[PDB]
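Just so we're on the same page: letters track the sequence lines, and every chain starts at 1. One-based numbering, in listed order, for ligands and for the atoms of each.
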Amino acid sequence: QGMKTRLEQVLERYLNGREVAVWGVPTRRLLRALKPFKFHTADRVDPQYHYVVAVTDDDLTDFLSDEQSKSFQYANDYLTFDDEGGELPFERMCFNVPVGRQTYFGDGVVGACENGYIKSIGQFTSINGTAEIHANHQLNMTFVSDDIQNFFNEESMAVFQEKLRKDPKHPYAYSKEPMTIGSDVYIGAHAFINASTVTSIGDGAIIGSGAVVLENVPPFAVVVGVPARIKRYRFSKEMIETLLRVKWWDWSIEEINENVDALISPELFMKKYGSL
Amino acid sequence: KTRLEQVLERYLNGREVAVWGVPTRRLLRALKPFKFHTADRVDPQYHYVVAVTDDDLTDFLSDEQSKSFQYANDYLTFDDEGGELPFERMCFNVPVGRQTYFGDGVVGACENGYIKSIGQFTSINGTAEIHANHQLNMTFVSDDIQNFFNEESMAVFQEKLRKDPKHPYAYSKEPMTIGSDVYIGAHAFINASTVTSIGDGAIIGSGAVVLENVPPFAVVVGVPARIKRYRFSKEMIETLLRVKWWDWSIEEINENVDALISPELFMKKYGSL
Amino acid sequence: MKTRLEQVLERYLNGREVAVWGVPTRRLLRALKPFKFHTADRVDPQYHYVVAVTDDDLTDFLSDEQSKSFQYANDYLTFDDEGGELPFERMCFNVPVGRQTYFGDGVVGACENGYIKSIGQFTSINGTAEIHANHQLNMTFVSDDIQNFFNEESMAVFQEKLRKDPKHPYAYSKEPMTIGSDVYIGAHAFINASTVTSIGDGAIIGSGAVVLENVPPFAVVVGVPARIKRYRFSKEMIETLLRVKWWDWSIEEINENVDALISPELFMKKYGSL
Ligand SMILES: NC[C@H]1O[C@H](O[C@H]2[C@H](O)[C@@H](O[C@H]3O[C@H](CO)[C@@H](O)[C@H](N)[C@H]3O)[C@H](N)C[C@@H]2N)[C@H](N)C[C@@H]1O
Ligand SMILES: NC[C@H]1O[C@H](O[C@H]2[C@H](O)[C@@H](O[C@H]3O[C@H](CO)[C@@H](O)[C@H](N)[C@H]3O)[C@H](N)C[C@@H]2N)[C@H](N)C[C@@H]1O
Ligand SMILES: NC[C@H]1O[C@H](O[C@H]2[C@H](O)[C@@H](O[C@H]3O[C@H](CO)[C@@H](O)[C@H](N)[C@H]3O)[C@H](N)C[C@@H]2N)[C@H](N)C[C@@H]1O
Ligand SMILES: [Cl-]
Ligand SMILES: [Cl-]
Ligand SMILES: [Cl-]
């Protein structure tokens, strides 16, 4: 019943008949994910024969200081286990939340993926690890608690859950669409997005540090403050829609390199793609 | 007395602890008064499974063996001092009511003597923080400078700290009482030097910085925290404080679930008249 | 690049054996390779330097009755605590940190990213404080890891605009930030490494404050964004504090002026300018 690890998705694509070399104190969840593969505790490693798996980020710090690590490419030959939110060169799943290329995030939103709060996360999105995404409890009852249900019997729970499924303010993200976090998004430190009231973080939206987001963010909007407010937009409204049609975040690696000057210069991006 | 110890004193029932995960020195110290082993084949009739990390419990509950293990009754996580429980428990020496949970920041607050008790059915976000102020009336704001103080220098340092009316390090003030039916959001902050109570039913929004007492059933948001609304009318707040549903038995909670679900039904039933 | 533990063992081990309290990690064994270590059992400070692997391991040790004879730093230390205070000036990565100054893992990462030039003495930084920089905001994209798809030539142009940018994305083309002495920083506080270069001596950053520019010495900043609430002392006292620099005193001098450090009024009647 174990969900598919981020490590499992990498090994499925890059192990290539090698043996996994565990770098660090192995854990029960790691051993569980490493069952269908040949693995051993790492000593002397070779990218021809071994794929290095550092258990903790502390273990990766140790591996990347070692001389043997210089022959190992990120993702292609090594990876960290305890980093479910780490970026990848391909489109992955987090639990069952699709996550695009070069998109990383922390543990608060990994849990938000587990809670069914997020529908999907786009490409090239940078989310600070300390960002958090939680829902609201019911606000229309005599109690605000959630774990009182542990004391509810079958009859008391049927009538509790029935009201939640009808609450139009979506407690615990009920009866609402899971939120989509677009591509080219930046989320600052200590940011919070209410999962009960937000369904869309637009493409290109920039959420400032310490911002509390209670509503949808328009595409390429910059929001700051408690509560978050639109301070500026990244580009004009004509480039905003042109961006939403050109969709550079879905290019190939060869196309990204072939349009580097357009990605580096928004003015040149317009002179190249803003055809009418 | 650790949280695992309080459960094992209650629900182990002569079984043997099954350690799901790599054991730590502190867990090995707590499991000393019982027999234990590394979990392989587990049966809830023979074993109480104890997951070391939250990552261990996730692996255990996804195993086909956990299908007959009940929460707290048959299993528990050791590195979850702030996890909820079906009976009133102690966090260090801070009482905590039933179905109430918090994070490690609040755990350290309990350890620092900042909290007097935490009520029933209270939901505290793990990223919530509770710290006190340093001394602000002296030439230095540092605390660890006292590590360079000798026996005579700290006699006068500690002397003025306890005289300080602003309660540096929560000095000369009652510890903080967090009521029942309380909700506190993520990244919230409560100042242990200037806050003595969070009322019953109080709701602290995410990202809110609480510097003064929150009234019962008040909804506070912002930096600093300010009251945005009250949960119920004044009359229901009076009756909610006389009834105290959070102290009901499991029986009364299930019997009056209709009153717990609808505030208006609660009002006619337990209201004054 | 010595660790916090390596710095302490080179100075206080004194021919003893390090006794490891807890399950040893890969990075701890590597730090302990030049020393004589073994699993802790029965420990004596005349014989052993107890090393606790995790914060959770040290709590277990100090509750044990064998810890009653050990002293902090001199006789025991925690491994996973690069931001923990020390009774001497230390090096976090390659960032000088003053005596009795502590921070959390976010600021340790800020030292690793080169965002911090130095951190003063007797500075108290909450563990949930953060110091991150801005990505480029004058481009078509805000991503950083998109550069993992950049080839050799595209990387050149990208890195070129970054060093040209006057707003200092990723703290480029700007001086690393200085954090003064006798500074306090509340929980959940954030300092932008792209636009800040100095946290003045004696500054106080209140909880939840978003500091977007330099904080003067002895100013108290709060809010989102952070603005000056008050100053700890008068303008004349700040100027005397900046010349006296009590945070550079010897342990003897600190005790000899414990009355001047406790009462600001006594500090001025003794060090105030003529
Ligand atoms: N190191 C400096 C960089 O840090 C961040 O990016 C980096 C992220 O912080 C990294 O995040 C990793 O570390 C963070 C915690 O710091 C974890 O939350 C996250 N899941 C884990 O993947 C991620 N793996 C790589 C990415 N380029 C900043 N957004 C940009 C900055 O230049
Ligand atoms: N999983 C989704 C739910 O998460 C929270 O509740 C849950 C709490 O977050 C849980 O708390 C546990 O997990 C949290 C988060 O990591 C820890 O901070 C906490 N110390 C630990 O005890 C607790 N054990 C169960 C409770 N239902 C939300 N308040 C409600 C939400 O529906
Ligand atoms: N316990 C109560 C005290 O907490 C803090 O200080 C304490 C610091 O928070 C401690 O910092 C340690 O604990 C913190 C918090 O977990 C970690 O962020 C930090 N890396 C770790 O070194 C440090 N080792 C000791 C110092 N007296 C307050 N600043 C003062 C308060 O009286
Ligand atoms: Cl629920
Ligand atoms: Cl103290
Ligand atoms: Cl870069």
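This structure shows the largest set of contacts to ligand 3 coming from the chain the PDB entry labels Aminocyclitol acetyltransferase ApmA.
Modeled at ligand 3 is a drug that PDB records call tobramycin.
The other chains with any non-hydrogen atom less than 4.0 Å from tobramycin (ligand 3) are B, C.
In the deposited model, no covalent bond links tobramycin (ligand 3) to a chain. In this PDB entry, the source organism listed for chain C is Staphylococcus aureus. Applying a heavy-atom cut-off of 4.0 Å to tobramycin (ligand 3) picks out B:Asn112, B:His134, B:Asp143, B:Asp144, B:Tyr169, C:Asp81, C:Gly84, C:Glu85, C:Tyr102, C:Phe103, C:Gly104, C:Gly127.
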